[PDB]
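Model: alpha-1,4-glucan lyase isozyme 1 / ligand 1-deoxynojirimycin.
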Amino acid sequence: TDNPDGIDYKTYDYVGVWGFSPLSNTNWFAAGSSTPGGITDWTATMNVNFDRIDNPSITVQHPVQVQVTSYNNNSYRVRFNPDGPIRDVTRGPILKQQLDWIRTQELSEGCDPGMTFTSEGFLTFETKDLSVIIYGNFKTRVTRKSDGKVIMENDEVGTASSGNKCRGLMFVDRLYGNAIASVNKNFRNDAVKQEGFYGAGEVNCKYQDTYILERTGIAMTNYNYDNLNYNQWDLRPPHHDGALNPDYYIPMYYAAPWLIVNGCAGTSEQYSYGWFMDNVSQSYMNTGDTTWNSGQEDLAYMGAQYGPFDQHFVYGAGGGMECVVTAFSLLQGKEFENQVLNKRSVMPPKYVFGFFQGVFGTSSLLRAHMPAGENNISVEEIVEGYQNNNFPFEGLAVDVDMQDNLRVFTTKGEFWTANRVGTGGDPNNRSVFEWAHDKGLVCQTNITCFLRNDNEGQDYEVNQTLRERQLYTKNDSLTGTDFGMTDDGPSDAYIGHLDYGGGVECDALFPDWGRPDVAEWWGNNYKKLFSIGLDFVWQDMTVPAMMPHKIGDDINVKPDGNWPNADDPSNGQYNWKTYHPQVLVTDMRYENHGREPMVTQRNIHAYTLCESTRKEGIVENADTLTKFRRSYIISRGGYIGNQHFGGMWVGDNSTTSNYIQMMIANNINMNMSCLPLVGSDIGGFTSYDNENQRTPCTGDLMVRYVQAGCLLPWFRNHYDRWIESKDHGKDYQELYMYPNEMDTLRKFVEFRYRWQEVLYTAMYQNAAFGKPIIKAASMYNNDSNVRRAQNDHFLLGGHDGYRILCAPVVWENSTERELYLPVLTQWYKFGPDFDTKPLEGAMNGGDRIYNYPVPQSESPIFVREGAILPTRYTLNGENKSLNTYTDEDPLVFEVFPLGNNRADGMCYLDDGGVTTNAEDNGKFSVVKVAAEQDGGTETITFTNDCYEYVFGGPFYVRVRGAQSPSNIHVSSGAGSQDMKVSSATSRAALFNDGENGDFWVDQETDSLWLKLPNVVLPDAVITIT
Ligand SMILES: OC[C@H]1NC[C@H](O)[C@@H](O)[C@@H]1O
Ligand SMILES: [Cl-]
């Protein structure tokens, strides 16, 4: 029952953008004519006649489904299968059940798209703000009702005499290939529309000497790769000479066949649509690139190596790029599961927003058990360095160093206190994670799906049971390709090789995900790490990142660095650093559908892997977790939709200015691809100094690395550490190892910790409403200058999520930057200094300042007028981990100067993920706040959308720019008292000794502080006279 659909697989190898050319037309079919095929529910069918562009007398018939997916959010969907019947996926971002839920709801509200065919056979329908006509050859024209402006239309190619063929729908003749494609008109060079293409996940793009946000005029591919430094040599163009730089035509770790189009930007007629081709074979997005004749300036396309063809167009409910992102998250939502909290993504435990240090190259938990080796370091020493210098420090990412000789799910004796492996909870022999708990830390460990196979007698229960229950990927293929064999076997198993450099390597077996039982089995292994204290998950080598291998060499032998190349191609022998593309893996896209060669679904392996860890690991064994029941996953690769499993770090970056640039750009682009909780390794993972690899990050690059990343969602300093036993990496990178910059380093980490609720609320808003935490400058509407500023300017936070403006310095040894403040609003310079001094005057939005001064101790960060920001301090004044905070450590609602005599605020509150009752039982609180001025009276109002988590400690209002009132009155459900001046005269005295109902005139920071009881938080009217 392998290969149910009778497909002949024509390509297995990596076909770069340079070899993908649907606009060529040769051997390609495109829609030439149709007749109507009925409408059931909201899915129309058109019976489309496809014609070979370069000889239209050759024609085939395939039905194409046209389904409206949301009336209120203006999204519909084209879908056909060139190779067989149209099939609903059973795994992926877009599920039928969620589409059904959305439709059923909008139908109950009497939404009517009025899908109809005309006399002529043209399908017409309408969404809320748009109307669509699709002609005979499937020519498509999408119009916005309010101004009658055509916002999107697909491409038509002419023939000699056979009429116009719609490249809106294309597939390669199956006598010659398997590729699909879809082409639109591209208005990038229109004088008025100036169309720009955004999104596309982790892709990097250089312009002159700089890494930029926009993705216009370039040819990209998704092909999840083990792409160290984002510029792997085998990923080079044909006949490329000299250094390969990271750039647009190089795949990354995450697969985002997703672009958001933006035209007429910063004007009253702005339009925005998202474009999603839902395919997990190698996929392409060309946004008007003439290089290698892969595209044409005036066309834009998407395509893939394999079928099926299934594509979403998503315009959003209303104005602006951001609205495209939230509508997209809804098609991917879990509303049909009745998720009270996790609608658009899964909420992490709060601790995920803390500062982590990871290291590849620790050799024990405690010093007393650290083996001798040049530059060896213990987990304990890192903890000390951070803790003793009073860093706000959350915990560790313990690498494969911890494992027993690379046996995933195991530990070795050195990573325990008593130097032997225990089964857990013995107060006389604590695991790394347990010991880490007592320091008030939480931990991830590295988990790959590489199940070591060369075991030299030594028993490994995980690889063993996989063999026994036949849950491994078999060594079958439709080509008779010999994947290699060892003396360990099994005979019919795919045996890959894991290689970490410097002779640290092993043979592996892998989970055949598509099988029943594999996910359950996978997930039940995590029991072995949860019961010894493991907090969350660091998913890695996800492709799987297998050692480069050429068919016909021993499993442990990799090819010459230079192979394959254009003169000496792969010709079906290279494994492109994962499974050899021909291996028959059990279908991951369609359950109980059979086996298919991996080439078909490369870009879904990591998704599935994350999926299984989240549902069979983290959720099913939630009981085996120790200190915190909720958990998370930081994954290296995945697909669109991966946000219901957890977040991402952007694999192996390096330690240069360019990589700071890229980090910010990846973060912005990843967010808008519906993956909010993402970030890059702070300081850069790999070595950078070509004369000596062990040279650590400089202090000025680390400062700027820290400052750019300090408000991004995932904040982990991680690096490859040179040790004697693994001789690649840098000497160190930990923040405390930078004595000259230590004070700045630490204060920017404090600053983040004070604004932990700003992060957390932003994440709630993402889980409930799909808003991206990080906003591109171009998401700010009615500004025609944010576009030029979009490489390094980004926003977040507050009630709307556009209250904080960041513009980090992105070059080393630099103390100026060109600053642009978004127009029609005011900004206030802020940062780690400003907690303890008054604000400077207001800065006028719409300002361009060249050479804006940014000394090293500073980053550019502004809080908008009308912002009220939930802010947290420690009661005792010392820096501690977020995960050891209680409600007694103050909440403070910082009221910034009023905008239009108004300010606004939002705080999500829950236990932090100690339990799972916020996402399971709706046990959480949303507090909102407002401030208004009206002559001599200011009114501060607390309301709740719901109050199901009880904030057990006193909270504060910090009014900036106010001093001594004549009276403050508080009104509340069970309270109505006038406030009295506190006999405390310092913030520290107010926190610890101040009375519920005290106020304090802070002259030092020009703020008035109200201390209020915990029970007035869900509802209050505070009036300042
Ligand atoms: O597992 C070792 C190593 N693998 C590659 C990952 O990107 C890196 O973060 C990790 O340290
Ligand atoms: Cl990966």
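Quick note: numbers on chain A are straight from the PDB entry, i.e. 14-1038, in order. Ligands are counted one by one from 1 in listed order, and the atoms in each one are counted from 1 as well. Only heavy atoms go into these numbers, but all of them, side chains included; no hydrogens, no water, no symmetry mates.
- Copies included, the model assigns 1-deoxynojirimycin to ligand 1.
- Within 4.0 Å of 1-deoxynojirimycin, judged by non-hydrogen atoms, the site holds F373, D412, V413, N459, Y513, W551, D553, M554, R649, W662, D665, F698, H731.
- Nearest protein neighbour of atom 9 (O) of 1-deoxynojirimycin, counting heavy atoms only, is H731 CE1, 3.1 Å.
- When only interatomic distances are considered, the shortest N/O to N/O separation between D412 and 1-deoxynojirimycin falls below 3.5 Å.
- In terms of polar-atom proximity, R729 is not counted as a contact of 1-deoxynojirimycin, lacking any N or O under 3.5 Å from an N or O of the ligand.
- Neighbours of 1-deoxynojirimycin among the ligands and ions, at a cut-off of 4.0 Å: none.
- Contact atoms of 1-deoxynojirimycin toward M554: 4 (N), 5 (C) (distance under 4.0 Å to a heavy atom of the residue).
- For 1-deoxynojirimycin, the polar-atom distance check finds an N/O of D553 within less than 3.5 Å of one of the ligand's N/O atoms.
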